[PDB]
Protein chains: 4
Amino acid sequence: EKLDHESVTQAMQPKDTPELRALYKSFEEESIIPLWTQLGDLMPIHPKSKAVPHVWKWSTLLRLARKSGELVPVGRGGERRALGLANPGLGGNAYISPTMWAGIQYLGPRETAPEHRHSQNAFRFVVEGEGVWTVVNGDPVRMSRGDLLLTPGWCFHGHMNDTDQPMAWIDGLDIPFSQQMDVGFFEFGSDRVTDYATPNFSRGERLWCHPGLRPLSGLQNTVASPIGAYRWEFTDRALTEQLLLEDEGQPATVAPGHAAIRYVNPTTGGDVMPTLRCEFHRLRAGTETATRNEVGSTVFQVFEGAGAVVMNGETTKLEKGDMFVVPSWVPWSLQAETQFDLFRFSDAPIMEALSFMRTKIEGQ
Amino acid sequence: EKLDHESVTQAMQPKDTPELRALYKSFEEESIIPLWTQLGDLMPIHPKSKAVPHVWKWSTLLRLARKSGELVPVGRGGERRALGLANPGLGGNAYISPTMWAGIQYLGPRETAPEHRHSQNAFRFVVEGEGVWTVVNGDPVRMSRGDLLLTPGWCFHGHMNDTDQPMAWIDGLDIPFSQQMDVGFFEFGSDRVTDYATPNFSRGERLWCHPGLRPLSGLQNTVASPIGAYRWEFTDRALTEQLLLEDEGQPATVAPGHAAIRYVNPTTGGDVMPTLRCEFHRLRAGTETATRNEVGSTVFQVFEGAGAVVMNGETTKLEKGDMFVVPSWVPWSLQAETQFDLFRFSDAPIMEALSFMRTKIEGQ
Amino acid sequence: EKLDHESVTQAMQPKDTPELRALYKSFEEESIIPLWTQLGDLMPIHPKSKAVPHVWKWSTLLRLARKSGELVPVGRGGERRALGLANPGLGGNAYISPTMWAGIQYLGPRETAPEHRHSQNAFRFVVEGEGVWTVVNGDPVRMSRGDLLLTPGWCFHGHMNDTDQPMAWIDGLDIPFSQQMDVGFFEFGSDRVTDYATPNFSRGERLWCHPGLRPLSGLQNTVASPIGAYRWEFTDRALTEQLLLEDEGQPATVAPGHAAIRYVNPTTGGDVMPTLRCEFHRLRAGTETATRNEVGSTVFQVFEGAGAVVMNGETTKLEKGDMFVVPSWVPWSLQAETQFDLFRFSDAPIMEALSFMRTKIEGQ
Amino acid sequence: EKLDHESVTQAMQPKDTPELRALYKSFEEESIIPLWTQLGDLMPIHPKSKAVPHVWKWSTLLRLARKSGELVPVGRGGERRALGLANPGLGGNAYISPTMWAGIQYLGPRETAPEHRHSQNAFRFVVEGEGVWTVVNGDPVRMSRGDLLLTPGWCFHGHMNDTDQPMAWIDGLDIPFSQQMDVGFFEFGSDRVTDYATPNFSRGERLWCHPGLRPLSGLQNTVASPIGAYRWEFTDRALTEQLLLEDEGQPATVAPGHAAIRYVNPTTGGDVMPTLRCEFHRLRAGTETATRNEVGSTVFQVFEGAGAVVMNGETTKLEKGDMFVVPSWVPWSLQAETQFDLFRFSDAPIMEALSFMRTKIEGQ
Ligand SMILES: O=C(O)c1ccccc1O
Ligand SMILES: O=C(O)c1ccccc1O
Ligand SMILES: O=C(O)c1ccccc1O
Ligand SMILES: O=C(O)c1ccccc1O
Ligand SMILES: [Fe+2]
Ligand SMILES: [Fe+2]
Ligand SMILES: [Fe+2]
Ligand SMILES: [Fe+2]
């Protein structure tokens with residue numbers, strides 16, 4: 001039980017003879033690899049990701065995105081002026097974790113990013129800015145500060161800046177999962193967006209964003225949320241109410257001074273998309289979360305306030321827009337200096353769907 | 001296939017002899033009843049309810065409720081000054097249909113209706129009035145015009161009029177189902193309500209009424225909705241948006257000029273309670289719905305405007321507050337003279353859960 | 001909490017005046033019934049069925065069925081020479097409980113019972129006999145001692161005696177539920193059965209009765225089991241193995257000396273049909289089950305051995321073939337004198353689907 | 001729509017200036033990778049696995065396994081004398097596909113392989129041999145020709161040869177998925193097996209292998225099958241019956257002359273384990289399956305008879321024991337020369353759980 005791969009007796013060490021070396025040589029020629037030389041690496045005691053905890057500064061991401069807006073035109077082929085966060089441990093792949101892409105995207109004055117679709121699921125999140133509409137299956141969706149915008153797999157999407165000012169946001173996708181697992185399909189759509197209109201609220205929201213109500217034309221459940229925009233207003237109100245209810249001595253917050261919501265598919269009560277979980281957390285000044293180990297990877301973006309993250313015992317100070325990744329089973333906690341708002345995403349739906357999820361919480 | 005119980009050959013007619021009569025007599029003594037004398041009644045070609053279509057006028061219901069407020073005190077024992085709509089076909093039982101109670105309730109100035117709970121599921125709907133709070137598991141819930149209020153089975157509930165003016169509403173319960181099926185439990189609670197405070201919005205709403213958002217403290221799914229109030233604002237907005245989207249040529253309405261929503265449990269996307277489905281319909285002036293036959297019973301209350309219902313080919317003119325029941329498989333349609341808003345409930349979740357549901361729609 | 005409808009203060013007793021009597025008279029004229037005169041009956045503290053516990057002797061059921069085979073021809077119209085057990089508490093209805101029909105059926109030498117279908121779900125169980133095939137959607141299904149045969153709602157079924165000797169079995173249906181709830185449809189099929197062949201095993205069994213295996217042509221889940229026959233061999237083997245595993249000190253039996261199985265839909269792991277649960281119990285000699293209160297009704301048939309049932313504290317000695325009903329919430333236990341085998345059915349799937357199920361077990 | 005990554009206009013080619021090269025250099029320093037240089041590789045038109053179709057000959061696998069039994073002792077540390085099939089396209093990883101390990105394992109006379117558990121799900125399949133018991137959570141499970149044995153994640157398992165003759169089998173696991181996704185946990189158990197007894201049938205089978213029957217002590221559904229052994233008898237009988245039913249003109253086979261089953265979890269009707277689907281196929285002599293493209297990877301082992309596989313248009317002749325892998329979206333078909341039996345496994349449950357599954361069938 002307490003034994004690990006370092007301390008266990010190694011009882012399968014063959015005698016090193018010419019017959020043994022010839023056996024190993026013939027394994028190579030036959031595309032055979034023995035378990036007994038490999039076991040501890042293939043099957044660790046607990047997860048040990050090649051990805052490392054890492055933090056990217058928003059100020060740095062903005063500088064690089066802005067310079068890219070100056071030097072690189074957006075359009076067909078390359079599709080998006082998007083910069084992926086590449087984990088230092090992941091071999092030069094544009095993967096923030098083994099399952100997820102997280103990237104900054106920049107659309108300059110009056111630019112269009114052309115329409116396409118792909119089996120890969122996607123969302124947009126906005127720490128700051130306005131001006132862009134993303135048109136999802138023909139339905140123009142305004143992008144504003146604090147909004148989560150969804151683009152489920154196989155939905156046509158294109159983006160356009162309707163103003164004379166640049167805008168930046170983050171993209172999350174299951175690109176790394178999808179590449180390694182061979183589930184990717186892609187289709188080019190129109191070179192412009194199919195609708196340039198700029199309504200305040202999308203058709204999706206107009207049908208689906210009334211609490212506890214479901215259109216009779218929408219009684220079929222969906223694999224992904226039909227809500228195209230989870231607007232900041234509602235997120236802000238939800239979190240405030242939780243802290244207000246806590247004041248009044250009423251259950252609501254997930255832990256003391258820790259308000260939090262999960263963005264959900266309203267047809268099921270489940271996650272927004274099959275591979276991706278999105279959450280939003282608001283911590284009271286002075287709140288320190290209990291340290292968690294969780295299977296699978298998570299990424300946060302600081303939306304507002306000041307604080308720190310601790311990963312593997314290491315404290316990193318965080319500011320507005322900063323992004324960090326916690327790989328599988330890395331102990332993590334957040335510490336709020338001011339009231340501390342963060343946007344969160346993860347691959348937890350994959351882990352939970354396949355019964356791989358485990359959680360260790362300090363004090364429990 | 002085209003044969004029915006009237007036209008089929010009756011091939012089990014025994015010879016009427018003293019031996020046969022002695023056999024039938026001994027069936028009675030042994031508590032045995034033969035199928036062959038009974039078949040057509042026990043197993044009809046299509047449903048043939050003992051309940052009949054029937055309409056009750058709100059003006060009449062109000063008169064009787066008001067007089068009851070003058071002559072009958074509310075309190076313990078009797079519990080509620082509630083008048084049940086009793087279907088003429090249902091043998092003197094206080095059943096609007098074989099599954100459902102529908103009733104008018106009246107609470108006068110400053111009165112309290114004391115706390116209790118029961119396995120029977122319940123909701124309140126308000127065509128008109130204000131002043132009452134219903135306190136559900138200690139959580140005061142304001143009752144206003146156009147609101148649906150829920151009281152799932154086994155939740156403690158009491159009601160109090162916080163003003164000097166009377167209020168009336170309708171109650172729906174699965175009382176008849178629960179009586180006939182032997183599932184009823186009941187417990188007396190406090191003689192007053194446990195909280196006299198009168199907040200604008202309940203704790204339940206404050207956690208659960210933000211579209212597409214779920215508290216992390218509420219990740220467990222519930223058998224009934226945790227939303228205690230489905231406020232008129234949202235219902236009205238939903239219905240308007242559907243008619244607006246229809247104008248713009250966009251799918252939304254369930255049929256031409258027919259906007260409609262289903263009130264739902266946000267943890268599942270399903271019905272508010274296991275036995276009871278609630279809906280709200282808004283018809284454009286001049287809309288006539290396609291005639292439907294549906295398994296199980298439904299009840300409507302006219303919330304606003306003027307129109308008619310047709311049941312079994314018979315037109316009945318309807319006004320604000322009027323209530324009608326459509327028993328199982330009775331052909332029904334609605335005709336809007338002005339824009340015509342109706343609140344709807346039914347036992348459809350029971351039928352659908354047990355795979356008994358069938359639907360015939362005229363033109364399909 | 002400890003108050004009941006007998007001991008609670010009755011605080012809604014109006015003054016008995018001509019104005020009050022005129023109010024009550026006008027309730028009658030308007031088809032209105034007040035809650036306050038009715039409450040305790042409509043909403044009891046715990047279930048109080050109109051059905052009573054009752055036992056029918058197989059010797060008596062056989063005598064009556066045999067005499068019916070002499071005096072009453074089987075055929076069209078009457079459809080089946082079936083005798084329903086009619087609960088003394090259920091008003092002359094051919095209902096063994098408020099939800100279920102339980103009946104003895106008799107098919108004499110060479111007789112055919114013609115084909116039909118109905119939304120009502122059905123099963124056959126055989127304490128004794130052979131010779132009959134029931135043809136279900138064209139698929140001949142042999143009927144033998146100890147077999148459970150299924151006939152899910154809307155499946156065409158007819159029965160024929162292929163021998164010169166009579167056979168009797170029991171039928172269970174959701175007839176009473178279906179009548180009271182208005183879900184019944186019925187269709188006459190062919191006057192004879194569509195296939196007179198008499199294979200040992202049906203096509204359904206040949207596809208579906210291999211443990212842990214599912215045909216690739218059957219990947220769609222079904223609302224009812226596609227297994228047409230649950231043969232005695234497997235039931236007997238299952239129960240024996242549980243008692244053997246218990247001997248070996250291994251978990252298997254549901255309680256000490258109490259082996260039991262539930263017949264299941266193999267596509268879901270759930271109940272055989274939406275309204276009806278079937279089980280088979282085998283008790284070691286000397287086993288006495290802990291007393292249970294359960295919501296909803298259950299019926300047993302003694303298949304073999306000798307024992308007793310206790311209901312409401314009353315012991316009734318039982319022999320092979322005897323049948324008894326336990327209405328909702330009646331305390332019940334079984335006592336085995338010899339090894340005691342019983343077939344069981346109930347309306348528990350209805351109760352569980354609608355979250356009405358409760359269970360009290362003595363000692364827990 | 002018809003455009004691909006080769007033929008699309010590349011409109012994001014920046015001017016190659018020192019400012020651009022400095023921008024790209026600073027991307028490297030900041031752990032940023034741009035989408036626009038990467039798009040076509042990250043997001044292909046359809047899947048394009050690094051894994052290639054490949055076939056391994058059983059004669060070759062046996063030779064290498066036998067020599068390993070001579071030169072390499074089995075025991076602690078290395079754990080298993082197992083040889084993994086390593087796809088030539090997968091970079092030297094011991095992965096037959098991106099999701100699955102498939103390997104030959106060899107246990108010589110009287111040897112024990114010691115107990116352990118791991119989150120990785122596993123099964124054993126036997127083309128030939130007898131003598132080994134695998135003890136799963138203390139429950140000895142006989143291993144015989146044609147049997148599928150399961151070892152769901154986190155179950156303690158060890159293996160022992162109870163005879164004087166060697167035995168070989170194949171192992172399938174979700175090792176590659178689990179490594180790349182960081183879900184692996186591992187625990188060492190006892191150095192020997194905890195029970196050396198050698199019963200014909202395990203406790204799991206004795207509870208769970210009776211068709212359509214479920215123990216009342218097992219009403220809780222499981223994430224993986226509780227059946228530890230899917231014995232050849234039942235698999236053989238199922239397949240025969242399908243071909244017999246086809247002869248009789250009755251629906252059963254999945255395609256003409258193509259009998260097939262899926263091994264299932266009896267508590268749900270679903271797959272044996274969350275990550276792994278197992279099937280068994282029997283083709284009539286002369287049957288050629290319609291060509292399929294399927295998302296995700298599959299592996300077959302020829303159990304009996306002679307035939308061929310076609311992958312990417314290439315025919316490879318197959319004999320008893322031979323193994324082949326079809327990576328994601330590779331067109332594949334089987335051709336039977338004699339009656340042709342194959343065991344199949346795949347990662348299809350992962351694809352279906354996450355809504356990534358697509359299927360193209362030739363002629364449909
Ligand atoms: O569609 C996008 O905006 C996008 C952004 C980043 C990565 C892949 C994408 O398709
Ligand atoms: O609780 C109520 O207000 C009520 C109203 C009508 C019928 C039964 C009830 O419990
Ligand atoms: O089909 C039958 O055999 C039957 C038996 C009893 C009651 C109703 C029925 O349809
Ligand atoms: O337990 C096994 O036999 C085994 C076999 C191959 C790979 C990993 C394993 O744990
Ligand atoms: Fe995209
Ligand atoms: Fe009540
Ligand atoms: Fe019938
Ligand atoms: Fe293992």
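To find a chain, count down the sequence lines: A is the first, B the second, and so on, and within it residues start at 1. Structure method, as recorded: X-ray crystallography, 2.1 Å. Ligands are counted one by one from 1 in listed order, and the atoms in each one are counted from 1 as well. All values below were derived from every heavy atom in this structure, side-chain atoms included, with hydrogens, water molecules and symmetry-related copies excluded.
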Participant: Give the name from the PDB entry for the chain that makes the most contacts with ligand 4.
Facilitator: Gentisate 1,2-dioxygenase
Participant: What is the identity of the drug or drug candidate at ligand 4?
Facilitator: salicylic acid
Participant: Find all other chains that place a heavy atom under 4.0 Å from salicylic acid (ligand 4).
Facilitator: A, D
Participant: Taking only heavy atoms of D:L173 into account, list the atoms of salicylic acid (ligand 4) that are under 4.0 Å away from them.
Facilitator: 6 (C), 7 (C), 8 (C), 9 (C)
Participant: Should D:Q120 be listed as contacting salicylic acid (ligand 4), given a heavy-atom distance under 4.0 Å as the test?
Facilitator: no
Participant: Purely on distance, is any nitrogen or oxygen of D:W101 under 3.5 Å from one on salicylic acid (ligand 4)?
Facilitator: no
Participant: I'm curious what other ligands or ions sit under 4.0 Å from salicylic acid (ligand 4). Any?
Facilitator: ligand 8 (FE (II) ION)
Participant: Which one holds for D:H157 and salicylic acid (ligand 4): side chain close, backbone close, both close, or neither close, with close meaning a heavy atom under 4.0 Å?
Facilitator: side chain
Participant: D:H116 heavy atoms, cut-off 4.0 Å: which salicylic acid (ligand 4) atoms fall inside?
Facilitator: 1 (O), 10 (O)
Participant: Find all residues with any heavy atom less than 4.0 Å from an atom of salicylic acid (ligand 4).
Facilitator: A:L35, A:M43, D:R80, D:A82, D:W101, D:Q105, D:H116, D:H118, D:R124, D:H157, D:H159, D:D171, D:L173, D:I175
